[PDB]
K.L.:
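Below is a structure containing bortezomib (bound form). Please help me interpret it.
Each chain gets a letter, A, B and so on, in the order the sequences are listed, and its residues count up from 1. These values consider heavy atoms only, across backbone and side chains, with no hydrogens, waters or symmetry-generated copies. Only a slice of the deposited entry appears, and the contacts counted are all within that slice. Counting convention: from 1, in listed order, for ligands and their atoms alike. Header lists the method as X-ray crystallography, 2.9 Å.
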Amino acid sequence: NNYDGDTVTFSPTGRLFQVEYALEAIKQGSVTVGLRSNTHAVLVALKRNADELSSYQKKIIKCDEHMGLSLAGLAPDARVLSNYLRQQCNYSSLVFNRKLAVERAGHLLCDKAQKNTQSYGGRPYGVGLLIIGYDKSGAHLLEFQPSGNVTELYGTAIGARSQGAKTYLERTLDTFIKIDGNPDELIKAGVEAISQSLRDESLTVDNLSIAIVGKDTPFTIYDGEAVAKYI
Amino acid sequence: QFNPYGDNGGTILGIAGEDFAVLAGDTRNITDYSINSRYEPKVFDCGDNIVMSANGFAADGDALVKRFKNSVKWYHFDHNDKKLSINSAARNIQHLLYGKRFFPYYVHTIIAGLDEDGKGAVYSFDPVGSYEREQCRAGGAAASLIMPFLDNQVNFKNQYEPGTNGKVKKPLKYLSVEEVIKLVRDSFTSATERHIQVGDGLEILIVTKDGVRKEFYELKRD
Amino acid sequence: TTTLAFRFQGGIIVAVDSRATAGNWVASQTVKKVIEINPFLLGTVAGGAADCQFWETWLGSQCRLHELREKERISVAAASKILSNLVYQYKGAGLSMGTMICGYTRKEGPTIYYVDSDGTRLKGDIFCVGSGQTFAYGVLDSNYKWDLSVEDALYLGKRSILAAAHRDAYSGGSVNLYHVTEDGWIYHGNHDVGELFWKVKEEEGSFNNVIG
Amino acid sequence: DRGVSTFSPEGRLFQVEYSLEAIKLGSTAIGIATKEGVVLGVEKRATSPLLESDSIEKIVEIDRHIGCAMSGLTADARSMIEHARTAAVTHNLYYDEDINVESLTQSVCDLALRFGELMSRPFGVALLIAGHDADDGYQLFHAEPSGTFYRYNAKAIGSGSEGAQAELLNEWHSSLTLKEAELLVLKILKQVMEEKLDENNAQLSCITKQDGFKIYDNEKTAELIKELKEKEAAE
Amino acid sequence: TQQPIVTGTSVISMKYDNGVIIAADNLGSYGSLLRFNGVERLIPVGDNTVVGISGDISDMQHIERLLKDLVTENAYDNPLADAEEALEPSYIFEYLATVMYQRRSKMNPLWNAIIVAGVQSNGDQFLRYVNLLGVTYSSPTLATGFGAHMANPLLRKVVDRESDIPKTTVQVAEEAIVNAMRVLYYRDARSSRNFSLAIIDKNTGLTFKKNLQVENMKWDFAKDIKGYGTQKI
Amino acid sequence: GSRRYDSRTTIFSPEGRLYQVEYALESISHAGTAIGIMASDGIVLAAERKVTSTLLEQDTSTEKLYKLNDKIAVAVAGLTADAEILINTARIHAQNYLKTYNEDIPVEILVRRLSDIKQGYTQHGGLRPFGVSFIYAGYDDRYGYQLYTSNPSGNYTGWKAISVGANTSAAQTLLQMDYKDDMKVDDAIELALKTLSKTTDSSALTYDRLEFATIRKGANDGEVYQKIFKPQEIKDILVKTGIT
Amino acid sequence: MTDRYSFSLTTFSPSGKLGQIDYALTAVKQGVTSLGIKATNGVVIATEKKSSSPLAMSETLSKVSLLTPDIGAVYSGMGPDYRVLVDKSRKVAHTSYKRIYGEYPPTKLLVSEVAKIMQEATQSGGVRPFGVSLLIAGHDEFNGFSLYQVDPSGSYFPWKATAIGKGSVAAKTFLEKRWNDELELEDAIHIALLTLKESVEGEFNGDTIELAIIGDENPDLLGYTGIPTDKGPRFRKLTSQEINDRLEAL
Amino acid sequence: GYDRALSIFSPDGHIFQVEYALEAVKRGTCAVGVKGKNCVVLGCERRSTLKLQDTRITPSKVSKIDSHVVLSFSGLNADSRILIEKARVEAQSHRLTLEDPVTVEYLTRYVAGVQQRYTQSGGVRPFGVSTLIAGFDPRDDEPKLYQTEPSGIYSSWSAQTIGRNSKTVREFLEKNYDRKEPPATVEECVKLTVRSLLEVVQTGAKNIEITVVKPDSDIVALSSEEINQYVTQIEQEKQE
Ligand SMILES: *[B]([O])([O])[C]([C][C]([C])[C])[N]C(=O)[C]([C]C1=[C][C]=[C][C]=[C]1)[N]C(=O)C1=[C]N=[C][C]=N1
Ligand SMILES: [Mg+2]
C-alpha cells in the first residue's frame, strides 16, 4: 500500500511487497514441471505463444553439460540468471577442473537474487527457475524463487495452475523416484504431471518442451517432432 | 630479471587431405637439456570436429587451447548450438592471439578439420595472430627440417616427369589417409634423428566426417 | 616484400609478391598480400603480417559500417584516414605496417594512399613498398606512362614484382595482380615466379646474366 | 515519486507497460514471412503535406541479410539500429560469417531492460526484425522494450495492430509467394491507415537470400498498388 | 619481478601400482648458507593429496595458506565435504596451476616449482608438476631442480613408461626414492641429510613420514684418494 | 530512498517554464536596482545598496560592482555570495584567454561563458540555479563599448541602456524616454542617477546607499580606464547633478 | 550506501525565498547575543558564555576563536557548526594563502574564503546551510583594522560596529548612539561591556563573559626572539581578571 | 552524480518532460524555412517587446554551423547555444576525419541524436528547442531543409515553420507553396518567406530577419532596408 514503492521498504507486518509482486509475475507465467529419480532428472515445460502466427516462447536453457533450468516469468531475467550460472559453472571448470555442484549453484543464485532485494534503486528478479543437474552426488532438482529462497526437491512445478501438477507429484512421489535407468518412463511421468495443470488447451508438437540430464546423459533439450513420441 | 617465457620444445604437423585432415605432434616435453615428460599430449580435440595444437611455450599453449575450447562452448550458447566452422574458428583464434599483441602467446598454432564443403582444411598461425589456410604445414622446433620434405613429397615441388626434362611438371595427384600417415611418420622419424627436442612418441589425430580418431606411434627416446 | 600500385589511363594496377620470412627462414610462399576490403577498395600489406591483416580486416568492418550509416560507399580518402588515425593511436607501441589503400569513386576517380605505421599518409600516382621496393621502382619508373593499355600496365606491374622477387632475398613466391576500374577491382591471377621467370627471360630476352 | 524499475501489484514493470502504450500510438508496421522471402511494410504518416515523405525512414538496413521496421517513438530506435549494425559487423569480424537473425535480435533485446537509476527509461519503440540465415532460413522477429522477442510468421505493430493481426490471422498460410505477401501487406496497410494508401505515404521492403535486403522504389510500389486495386475489383 | 631469498631444493616423486610417493628435504637455504634445518616442504591437503614445493620459502608459506584456506572454503555449505565433494588432487593442482600462470602473467611470479601428488576418487594416481612460469606436465616420475637431473634418471630405471606402474610395488618405489635422496645428498650442495617422505596409497591412505635421514653412505674410499695427480703421500 | 526529498530543480512546468529559473528571477526582483548606460565615449554603471545602516563601513564595502579584468566590470543583482562564485570563475576565464591568445578577452566571449555556466545549472546536475543577474560593462577593439545582461536562465542580451533588480519596469520606461544615441558619459551619469532617484523605494537617494562606476576612454590616449567611485566621489557627483 | 543526495536541499520557493537560509537565520536569531566594535587602534569582539550546566567547565568551551595571529572570530547560533567552520577557516588560511604567499591572509580575503564555504553549503548536494552568523575581526598591513559579518547565505558585510543573535535589534540601536570614528580601543571595550550587559539575564562577570581584541602586536605572546620583522600576534583573548577590572570602572 | 530519471513514461504512454519541452518551443519566437529551386531562405521573428536593444551585438537567431550550413531555432535561447556549439564542433571533426564537410542531413542527424540522448539520460531534462537546419551539401546544387524537435525526431521539408503562431504560417505556406514549381529565384523565395511572417509578425520593421543561403558556401543576411522593400511591395500589391 504505502510500503510497496521500492524493495528497500518493510511493511508494518514485516513483508516485502516488491518481492511479493515479483513472485506474482511467476504465477502469471506458463506452467513448467521438474522431477527426478536416482539416475536421471527431467524438466517438462509448457511453452506459451502470443498468437497463431507467433512462435512458442522457449522455456528451457542449458547452463552446462551436466546442468540446466526451466523458467517461468520474465524471460529476460532468466537469461541474466542463466548467464550467471553458465559463468559460475565455467569458472569451476577452468579454475578447479571441477563440475559445479547443483546445491552450490543454488546457493549462488540465492545470494545473487538477495542483493537485489536489500539495495535501493534495483529490483527483484521477476522469474522463478527449476534447476536440474547430475553431479558427484547423483541427480538433483532445485526450485528457485526471486525472494532468494532455493529449495532442493524430488519434484515440483511453478507457473499458472502449477498446484495441479504439484499435487500429482506428491501422490506419485514413491513411484517416479524409483524410475532408475529408464529416461522415457521418467519423462512420461513428467508429461503426465504437467497435464494436470492444463485447461482447454492440450499438449501439441510445438507446444511441449522437454529436457533431461542423467548418469550417462548430457543436458539435452527436446523440441518439435522430438517430443511427438511423448504426446 | 624474470623471464616470463620458456621453450618446451616439441614439433607439430598438419596435412590436409581431399576429404580428411590430420594434425600430428610428438609427445616429448622438455626444458633446456632435460626431459620433463615422454608422454604429454599436445594435440587436442576442441569439439565441432576441430583439432588444435599450440606448440612452443607450453604454458601459453595450454592457456590458448583452454580459451579456444571455451570460445567453442560460448559459441554454442550464444548462437543456438550452431556448429563452429573451421574458417570461423580460425578467425576467432586470430583475435585471441592478437588480443595479446603486446605480450604474445609464444606459440605456433595449427588447427585442422573440414571446411563447409566437406574438404580437408589446415590453418596455420604465427604467435600474434596472422593466419593462412594451407594444404600442408609443420610447426615448432623441427619445422625447418620437416617443411622442405613436405614441399617435395606433398606438393611435388621441383619434381618433373621423366623424358621431358624440366618441361612438364609432376601432376598434383591427391593423397589418401594411408599415404599421408606414412609421410607423417617418416617426417617425425627423420626429425627425431637430427633434432634433440623431438622424440619419445608420436600422436596423430585424424579428422573425417565420421569424427576424430587417434593413432599413437613410438619414437626414439634418446 | 614487394608491393606496388600505380594510377594510369585504365584506372589502377596493384601488384604484390607472396613471400613471408622469419629471419633467413622462408615461412610461406603463398601469402595473400592484397586484401579485398570491398568490391571497390584494395589494401596492400607489408611489414608485420599480423598487424597488417588484423587492422586491414578491421578497416573493412569500419568501411561497411560507414556505408550502412551514410547510405553511400566510403571514399578512398576517408578509408585510408581511418587506418592512418588508428595506427597513429598505437604509435610507439611497435606496430609494423606499410600499406597502399587503392580504390575508385565518382568524386575522387582512381586514388592511391600510402599509409604507414609511423602515421604517414600520402596521396600519389605511383608507390612501391617493402624490402624489395627499390628493385620495383627501377622497372616501374623507366617504363611508366599515363597512356598505358590495361594489358601493358598489368604486365609492367607483374614485371616490376618479378624484378624484385629475383634480387630481393625477402621477396618472391608468386605475383598477385589486381586491376581497379570505374566498376570495381578485377583479379588477374596468381603467377608463380618459378615459372614466370623462365617465361619472361625467354620471351622478353631479359635476364641475359642468368643462364637458362 | 516512485522508482523507475518498480513492479506493479499484478507483477509487471510499470515503465515497460507504459512504453507499450506509446507504441500503440505509433504508425503501423507490418511484416510477413514466407519461404521465398520476408516482406516489411510501414505507414509513413506525414504530419503535413509540406513534409518530404521520402525522408521518413521507418524501414532500415541492419546488414545485407537483415532488415528492420519500427513503430512508436522512432527517435529511440536510432541507438538500437546502431547497436544492431555494430553487433552484425562485429560478429562478421570475429567469426568470418553472417550472424544469425535470432542472435542479432537477442543482442538488441539485451539493451531493452538496461534502464534504472545505463539509460533512464525503456525504449518507446517496437521493432520488426526480418532476415535470413543458412540455419533457420527466412525469419521475422518482434522485439519489444520488455526485453522479450517472439518469432512470427506474420506480425503487425502500431496503431492498427490488433485489427491488422486479425486480418493476418486469416490470410497467412505456409505456401505464400513473395508477390502475394507484398500485396497482402499493402492490402492490410490500406485497411488500417487513416489517409488513402499510395506510393508516397507507404513504403515496402523485402529480404531475399539472393538479392539481400532491399527497400522498394516508389515506382515499384506504385505498380503493386495498381495491381492490388485491379485484383480487388476483379471479384 | 623478484629474486628468491630463502630457498628449498629438490622435490622428487614417482607413481607405483596403488598410489604415489613424494619426498623433499627439510632445508631452507639462504644462498650458500644452510640457514634453516627444520623446514617442512611437503604439505598435505586432506587425506588424499600432498603438495611438494621447492624454490622460495616465503612464497611456499603463502601457497600453504592458500591451500589451508581452500579446505575451509570447500567445507562451506557442503554436507559432503568429507565424502563425495571432498577436495581432489586434480582440483588442488588446477587451482595452483591457475594461480601460478596468472602471477607470471602479471610479471610477479611465485618463485616455486610445485609437484602435486595424490590419489583421485576412483583410485587413479595423480602426479603433476607446475612452476613459476605456469608450465605444467605429468609423468610417471617427476622431480624439481637437481632432482630433475639426478633423481629422474634413477627413478626412470624403475618406471620407464606407463606400463611399468602396475609392476612397481610400494617397497621398490620407496627404496628408489630413498636412494635418490642419498644421491642428492652426495651431489647437491644445497641439500640436507634430514628429509620428509609421504606415501598416498589408495588402500592404506596417507602415510606421512617425518625426520628421515640419509643412511648407508659410502665414504670409506676417500682415505685412499691422495693429492690431485702426482702426489703419493 | 533519497528520491523522496528531491525537489527536481531542472524540470519544465506544464506551460513550458523552468520553475527554479522563474522563482530565482522573483528573488532578483527584490534585490537592489542596478543600472547600466552605454554612451559613445564610455559606459556607466550605477547601483543601489539595499537598506544600509549608519554603522556599515562603506569605503571598504563591495556588494554591487565588481571588476572582472582591466577592461570589463559587472553590476550584481541578487545573492551576493552566488555572484562571487561566478565572478571568480569569470576572472579565471579572462586570464585563461589572455594566457592562450596573448590578447585580452572579448567582452561577449566572457559573457557567453558565464551565461553557459548558468544554463548548465538549469538543464543538469539537480542543483539550484544561481540567483544572480549581471550587467556586464566592458570594452574591446572589435565592438568597442558594450553592455550585456545575463540572468539565472543563462540567456544573455546586448543593451544601450538597461536595468536589473527591483523596479526594472519603472526604470526601463524612464531610460527609454530620456536616452538618445548621440549621448555622452557625463549625460549618461546624470540619467543613471536620475532614474535610480525616482525608482528607489527609499525616501531619498544619498551617497551611502550607492555604488557607482564608469568605463571611459577618458584615459591618456588610446586606452581604457575603469573608475570605481569612492564614497566621497559619489557624494560629489550627486551634488553636481543636483539630486542632493 | 554512497551519498545519494546529489541534489540541492535549498531551493527557491514561488515567492523567491530560499527557505533553508531564512530558517538558518531564524536559528541564528535564537542564538546567544554576540557583538563587535571597531576602534581607531583596534577591534573588540564579545559574547556571553551561556553555560549549559554549572557542573560544566565553561573555560573549555571557546566561543571566541583565533583564526590567524591577527584575525579572530565569534558567533551566534549553533555552536557545533561554528566549531567546524573555525577548523576549516584555520586550514583554508594556510592551504589557499600562507603556503602560497608565505604570509597570513588579510581579513577580507579570509572572510571571503569562509563565506565561500558557507555559500557552498547553501547550493551543494545533500547539505543544509550553516546555522551561524560569524563576526570576524582582524588586522592586516595594507587594510588596517576591520570587522566583518558573515551570514548563512555566504553574504558578508563590513561593519564599524554591530551585533547578532538574541538581542541584536536593541544592541545595534545602543551601538549607533555610542559609536564614533574617534574611539580608542579601551573606549570600545567599555562600550562592548555596556551593550552586552543589556542582553544578559543572570551573572555578569569575567567567568560568564568571553571577550577578545585585535590590537597592538604582542611580542610577549610570540614564543621566540631573534627576528625583528616578527613582532607577535595582534589577537589577544582577555582574561577573566582583565574583564572584571574593567567592570569596576563601568 | 545526479542520476534522477526526469524523462519517464506516464500511464497513457506519454513522456511529459518531452511534451512540456515542445510547449517551450511553442512559446519561442516564430522561425520559418523555405527552399526555392536554387536557394534556401530562413526567416525569423524578433518580438518587438524588447526595444533599446543593441542589434549589432545581440545574438542573431540564425547561426552558421559551417560555411555551407546554417541553423535557426525556436524555444529556449540558452539551450540552443549548447546544440549549436556541439554541432559546430562535430562539423570540424567531420572535416578532420572524413576530409569532407558534413552533409545537411548528417549534421541534422547529429543534432537530433543529441536531443534524443537528453530524453533518456539520467539527471538531465530535454532541450526546449526545435531547430531548422538548412544548407547545401558539398559540390551539390540541390537545396536542403530539415527540422528537429526535443523528442529527437527529424525530417526534411519543402517548407516549414516552428515557434509561436506557427500553426497560422504553416496554414499560409500549405496553400501558397507549390511543389511542382517552387520559388525559381532568390527574390521569389524571400518574398514568400516575408509574406508568411507578415501573417503573424505584427509590424514589418525590425521584427523580421531574413537569411539567404545559396550553393557553394554563399550565405548572406539581409539588412533592414532590403527587407523593408519586400514589406512595402507586398502590401502595395495587397491593396487591390
Ligand atoms: B614482407 O617481407 O614485408 C612480408 C610481408 C608480410 C605480410 C608477410 N613480411 C615478412 O615476411 C615478415 C618479416 C619481414 C621481413 C622483411 C621486412 C619486414 C618484415 N614476416 C612476418 O611478419 C612473419 C609472420 N608470420 C610468420 C613468419 N613471419
Ligand atoms: Mg631426438
K.L.:
Which ligands or chains in the shown structure match bortezomib (bound form)?
P.N.:
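It maps to ligand 1.
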K.L.:
Which protein or nucleic acid chain has the most heavy atoms near bortezomib (bound form, ligand 1), under its name in UniProt?
P.N.:
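Most heavy-atom pairs under 4.5 Å are with Proteasome subunit beta type-5.
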K.L.:
Which chains, by letter, have non-hydrogen atoms under 4.0 Å from some atom of bortezomib (bound form, ligand 1)?
P.N.:
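By heavy atoms, the other chains are B, C.
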K.L.:
Tell me which UniProt bortezomib-binding residues in chain C have a heavy atom less than 4.0 Å from bortezomib (bound form, ligand 1).
P.N.:
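By heavy-atom distance, the UniProt-listed hits: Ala49(C).
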K.L.:
What is the source organism the PDB records for chain C?
P.N.:
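In the entry, the organism is Saccharomyces cerevisiae.
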K.L.:
Can you tell me the name the entry gives chain B?
P.N.:
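According to the deposit, Proteasome subunit beta type-6.
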K.L.:
What residue and atom sit at the other end of any covalent bond from bortezomib (bound form, ligand 1)?
P.N.:
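There is a covalent bond to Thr1(C) OG1.
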K.L.:
What are the identity and the minimum heavy-atom distance (to 1 Å) of the UniProt active-site residue of chain C closest to bortezomib (bound form, ligand 1)?
P.N.:
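The closest UniProt active-site residue of chain C, by heavy-atom distance, is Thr1(C), 1 Å.
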K.L.:
If you take every non-hydrogen atom within 4.0 Å of bortezomib (bound form, ligand 1), which residues does that pick out?
P.N.:
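The binding site of bortezomib (bound form, ligand 1) (heavy atoms) is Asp126(B), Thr1(C), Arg19(C), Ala20(C), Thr21(C), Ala27(C), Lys33(C), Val45(C), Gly47(C), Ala49(C), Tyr170(C).
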